[PDB]
Amino acid sequence: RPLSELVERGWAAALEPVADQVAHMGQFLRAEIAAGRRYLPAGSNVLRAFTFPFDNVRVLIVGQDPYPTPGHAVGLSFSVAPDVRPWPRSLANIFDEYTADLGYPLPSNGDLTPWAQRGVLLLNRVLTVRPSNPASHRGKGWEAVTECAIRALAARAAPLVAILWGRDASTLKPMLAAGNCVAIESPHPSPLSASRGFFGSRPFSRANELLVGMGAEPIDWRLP
Ligand SMILES: O=c1[nH]cc(F)c(=O)[nH]1
Ligand SMILES: [Cl-]
């Protein structure tokens, strides 16, 4: 399939250099199913972050790998469907930092689509996972795809702030070395890393200050 059937057109053009790799991934995923190994999120959600316009991305959030529990991952990093409770621990931790930083009430639900509609790309370094097996698709080929995505964003040379959560930060910063790009890092919001530096990192206000510094408009982070 042409990438234009799977992703928004700006993203299809940006990712055309890795189109074969995306096709390779689809073959991998189908072979996993044939071998009895499922993946998450749903196939139609794998590339969901790339269905919001490439040309509108102002903030890139980059996590590690999708939630491994069935019913959680939706193809926007960290997000869940609006009916999901309890929220996953990483998301609950994100929302505590959100209230600490911004002073807003806790969100009504775990659905981050408003951020995606507002120019926040909710990416992961690796775009699939086998259920119950954290990080199990590492090294399977997503990395080249997400490197192309990140570099293509950087190459726009439009104001961009990248928020890097977790162990990929040192790998990803060189990909964001470009005019009008700034990368800020912390430990990941997961259960056993959040209290080692995620909390207190204030990414939402920081990203807005960095955007304004560059002459861009800040993100309205307010969730319903
Ligand atoms: O690194 C991540 N952890 C948890 C998630 F839900 C996600 O998308 N990314
Ligand atoms: Cl989690």
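Numbering of chain A is taken from the PDB entry, so the residues present carry the numbers 4-227, in order. Just so you know, ligand 1 is whichever comes first in the structure, and atom 1 is the first atom listed for that ligand. Computed from heavy atoms alone, side chains included, the values below leave out hydrogens, waters and symmetry copies.
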Drug listed at ligand 1: fluorouracil
Chief contact partner of fluorouracil (ligand 1) - name in UniProt: Uracil-DNA glycosylase
Atoms in fluorouracil (ligand 1) flagged as close to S80, the criterion being non-hydrogen separation under 4.0 Å: 8 (O)
Heteroatom distance test (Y70, fluorouracil (ligand 1)): nitrogen or oxygen, under 3.5 angstrom: no
Contacting atoms of fluorouracil (ligand 1), where contact means under 4.0 angstrom from a heavy atom of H191: 1 (O), 2 (C), 3 (N)
Covalent tether of fluorouracil (ligand 1), if any: none
Per-atom contacts of fluorouracil (ligand 1) with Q67, taking only distances under 4.0 Å to non-hydrogen atoms: 1 (O), 2 (C)
Short N or O distance, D68 and fluorouracil (ligand 1), threshold 3.5 Å exclusive: yes
UniProt active-site residue nearest fluorouracil (ligand 1) in chain A, with non-hydrogen distance: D68, 3 Å
Atom indices of fluorouracil (ligand 1), in the order listed, that fall short of 4.0 Å to a heavy atom of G66: 1 (O)
4.0 Å heavy-atom contacts with fluorouracil (ligand 1): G66, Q67, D68, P69, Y70, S80, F81, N127, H191
